[PDB]
Every structure is written in C-alpha cells, then in structure tokens.
Participant: 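Here it is, the structure in full.
Throughout, a chain's letter reflects where its sequence line sits, starting with A, and its residues are numbered from 1. No hydrogens, no waters, no symmetry mates; every other heavy atom, side chains included, goes into these values. For this deposited structure, the header notes the method as X-ray crystallography, 2.5 Å.
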Amino acid sequence: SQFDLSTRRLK
Amino acid sequence: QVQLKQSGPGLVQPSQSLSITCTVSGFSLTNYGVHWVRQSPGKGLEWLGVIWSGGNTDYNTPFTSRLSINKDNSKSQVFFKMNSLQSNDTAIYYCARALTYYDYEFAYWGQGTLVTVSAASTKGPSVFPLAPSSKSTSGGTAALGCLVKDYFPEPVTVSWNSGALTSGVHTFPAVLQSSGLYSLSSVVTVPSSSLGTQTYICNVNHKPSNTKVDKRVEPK
Amino acid sequence: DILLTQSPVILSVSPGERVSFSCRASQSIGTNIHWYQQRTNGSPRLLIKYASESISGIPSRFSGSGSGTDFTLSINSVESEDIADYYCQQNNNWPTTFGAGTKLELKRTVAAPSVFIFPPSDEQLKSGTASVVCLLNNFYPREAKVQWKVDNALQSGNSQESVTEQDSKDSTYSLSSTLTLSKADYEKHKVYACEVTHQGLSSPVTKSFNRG
C-alpha cells in the first residue's frame with residue numbers, strides 16, 4: 001500500500 | 001452549503017516552515033472545530049490536530065512542538081503552520097470539519113494542498129501542442145492533446161475549452177524526468193469533422209510558479 | 001495508538017457483484033469506526049459513521065457492520081463509479097487513527113486500445129528537444145507493451161510510460177508512451193515507429209511517421 005501524491009490513489 | 005477552501009500548493013525548502021489557510025463558508029468557526037489531516041506516501045492518512053470553537057488546540061503527539069493552529073472567526077479563516085519540514089513531510093494537507101461540534105467523523109474536507117519539501121526551485125512548464133493528423137484519426141475520431149513539460153513541483157491542472165470540454169479527456173499522471181522535472185500529456189478524442197469548426201484549447205495552470213498558459217491545438 | 005489493519009490490499013470484482021472490505025483493530029474499539037471513499041484526484045468522502053450508521057447523500061448500497069475488533073464495509077452491487085480506495089478510521093482512543101486502505105478495481109470485458117502517434121511540434125523542436133508521443137486509448141486490461149523503433153533500430157531506456165487510473169464510467173485504462181531524444185538525434189533519422197501489443201489485438205499494431 002503506497003499512496004501516490006499525483007493521483008491521490010493507492011498504487 | 002458547507003465548504004472548506006484551502007490555499008494553493010507549493011514548494012517549501014528543507015528546515016523551513018509551512019503555512020496553509022483554510023477559508024470556510026456555510027457555517028461559523030464559533031460553532032465548529034476545524035481539523036487538520038495529511039496524507040503522505042510513507043505514513044498514509046494521519047490526523048495532525050484541531051482548533052476548537054473556543055480557541056483551544058490539540059496536537060497529535062509527534063507534532064506538539066512544531067505545530068501551531070490559529071484562526072480569525074470574523075474572517076472565517078483557520079491558519080495552519082508547521083516548523084522545520086523535512087522531505088518526508090511532503091504530503092497533501094487537508095483541513096476538515098466534523099458532523100457535530102465535538103466529534104471526529106469528517107463529513108467535510110478541503111480540496112487538499114500538495115506541499116513538496118525540496119531544495120530545488122520552482123519552474124513553470126512549457127506547453128506544446130499534440131496536433132491531430134491522419135496518424136491520429138480513426139473512423140471519424142481524432143485524438144489531440146498538449147504536452148506539459150519541465151515543471152516543478154507537482155501539481156499542475158489541465159482543463160479543455162475553459163471547462164466546457166470534459167468527455168474523452170485523459171490527463172496522464174506526471175512522471176519525473178532525469179532532470180528532476182515533471183512532464184505529462186493531456187489528451188482528448190473528438191469527432192474529426194469538428195476540427196474545422198471548433199477551437200481546441202488546453203488550459204494549463206501551474207500554481208506553485210503562477211504559470212497560466214492557454215494552448216491552442218490545431219491540425220497540421 | 002490503535003493500529004488498524006485493512007485487508008486485502010487490493011480487491012478486484014465484476015460489476016453487480018457484492019464486495020466486502022475488512023478493517024481489524026489492535027484492541028477493542030466498540031463500534032467507534034468511520035469509513036471513507038477516495039476517488040482519483042479527490043479528497044476523502046465519508047461513507048459510514050459508527051460502524052453501521054448511514055450518511056446523507058450516500059447511496060443505499062453502502063452499509064457497514066461489526067463491533068469490538070473486526071469490521072466490515074460492504075457494497076451490495078458494485079458500480080463503475082465505485083472504483084476508489086477505501087479507508088477506516090477509529091476514534092475510540094486518542095489520537096484518531098486511519099487504516100492503510102484497500103483498493104477496489106473493477107473487471108470488464110477485453111477492449112483493444114486505439115493507437116495514435118504524435119511527432120514533435122516545431123514549437124518544441126525550437127528548444128532543442130524532441131518528444132514523440134504514442135497514445136493507447138481506452139483499453140482493458142491494463143497490461144500492454146510499447147516497443148519503439150527509429151529506422152529499424154530498437155529504442156531502449158529513452159522512453160517513459162504513464163497509465164491513467166481506471167475510468168469511472170467505462171472501466172478502461174489509457175496509456176502514454178513518450179520517446180525523448182535531442183533535436184540533433186531526431187534530425188539524423190527518418191522513420192519513427194510505435195508498436196503496440198495487447199490481449200485485445202489479434203496482431204501487433206504499428207503507428208509510424210517519416211520526419212517531414
């Protein structure tokens with residue numbers, strides 16, 4: 001579970 | 001309607017301080033507390049603290065010494081400030097309001113503010129057209145877009161025809177180039193028969209550098 | 001602090017199916033748990049409060065249950081706009097803490113990409129850099145191969161890919177492959193080809209152009 005700052009979605 | 005509207009995204013140098021303004025409407029800061037939450041890649045959603053109707057503050061333990069929250073009731077503004085940022089304080093910061101004055105179920109959120117902690121400089125993007133041709137036209141459908149290149153930091157917003165064009169739009173997630181600068185494309189598919197009649201414009205806005213470009217995209 | 005564990009990390013289901021998210025707590029928290037939805041580029045949206053109580057404006061297909069340490073958020077019939085991440089929050093103990101989230105992906109029928117290629121603009125060339133963009137539009141599933149060739153020479157390491165999140169209306173992905181070279185290198189070659197491989201294609205699709 002890594003949160004992506006660009007999309008605001010989990011990877 | 002209840003709304004929380006935050007100040008814009010930006011760069012912060014390491015060791016320096018972060019400031020965010022949260023302006024509310026549709027309720028009064030004398031009736032409701034306003035909470036601060038962030039969301040980072042490493043630690044996920046993380047409650048930071050709250051300022052209560054009466055001016056009292058609580059800070060989550062690891063932030064007690066580097067966090068201050070303040071407000072101006074009359075102006076409907078809540079002010080967030082955090083000291084001595086390091087790169088892992090890079091996150092989206094949100095302000096939020098609960099259902100009831102004393103609680104923690106967050107029914108209203110600001111739009112979030114992406115804060116980047118880097119030693120680099122802010123750089124606005126160049127915007128280039130991705131022109132529709134026959135090599136981008138199949139069965140009456142043409143594809144066209146904008147290349148949004150060499151900016152820092154995230155984010156940048158892209159819309160089309162001032163918001164009037166939304167269907168068929170894909171704005172790709174930014175990628176980091178070897179230069180340490182971001183690049184993305186935004187595309188849209190349209191009827192090819194409309195290329196002679198309609199104008200197509202990507203509206204690009206890079207808030208951290210205050211760079212606003214409208215790019216017209218024409219068949220070549 | 002209370003640790004909240006959400007499992008599994010990723011769920012994948014078909015439209016119309018029922019689906020459950022699990023949230024487990026490191027010690028008992030009664031029913032003091034709230035659930036949130038996060039869509040692409042969005043802020044959290046409150047779905048359920050206190051384990052099971054409904055929220056105004058939230059579709060009836062969302063419900064939750066549980067007490068103590070084991071909690072469940074359910075969607076009785078999943079729709080495409082339910083593509084999102086889902087988080088739990090406890091507030092029985094200070095400070096309030098969140099789980100790490102579960103991702104909800106949607107299955108759909110196979111859809112081949114539509115492929116387009118875009119030569120660099122003369123505007124970009126002026127700056128001394130050439131970007132060649134190859135677009136793969138509205139496909140499923142996400143797996144795809146892009147092979148770049150310039151004058152029959154395989155390009156390697158000089159392109160980057162970006163893939164959108166799943167489209168909330170039709171469940172597809174779109175992909176961009178960008179080949180980047182110096183203006184000098186660009187001017188020294190003629191044929192630029194983007195070759196696409198996907199489960200929905202019965203044959204690799206090539207889109208190309210000659211400079212000028």
Participant: Which of the drugs ustekinumab, ranibizumab, durvalumab, cetuximab, canakinumab is observed at chains B and C?
Facilitator: cetuximab
Participant: Tell me which chain touches cetuximab most, using the name in the PDB entry.
Facilitator: Meditope
Participant: What residue in C:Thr40, C:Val9, C:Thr102, C:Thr164 has the most heavy-atom pairs under 4.5 Å with chain A?
Facilitator: C:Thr40
Participant: Considering every chain of cetuximab, which one has the most heavy-atom pairs shorter than 4.5 Å with chain A?
Facilitator: chain C
Participant: So which part of C:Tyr87 gets closer than 4.5 Å to some heavy atom of chain A, the side chain, the backbone, both or neither?
Facilitator: side chain
Participant: Checking C:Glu165 against chain A: side chain, backbone, both or neither under 4.5 Å from a heavy atom?
Facilitator: side chain
Participant: Taking heavy atoms under 4.5 Å, what residues and nucleotides bind cetuximab?
Facilitator: A:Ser1, A:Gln2, A:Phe3, A:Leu5, A:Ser6, A:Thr7, A:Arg8, A:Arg9, A:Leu10, A:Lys11
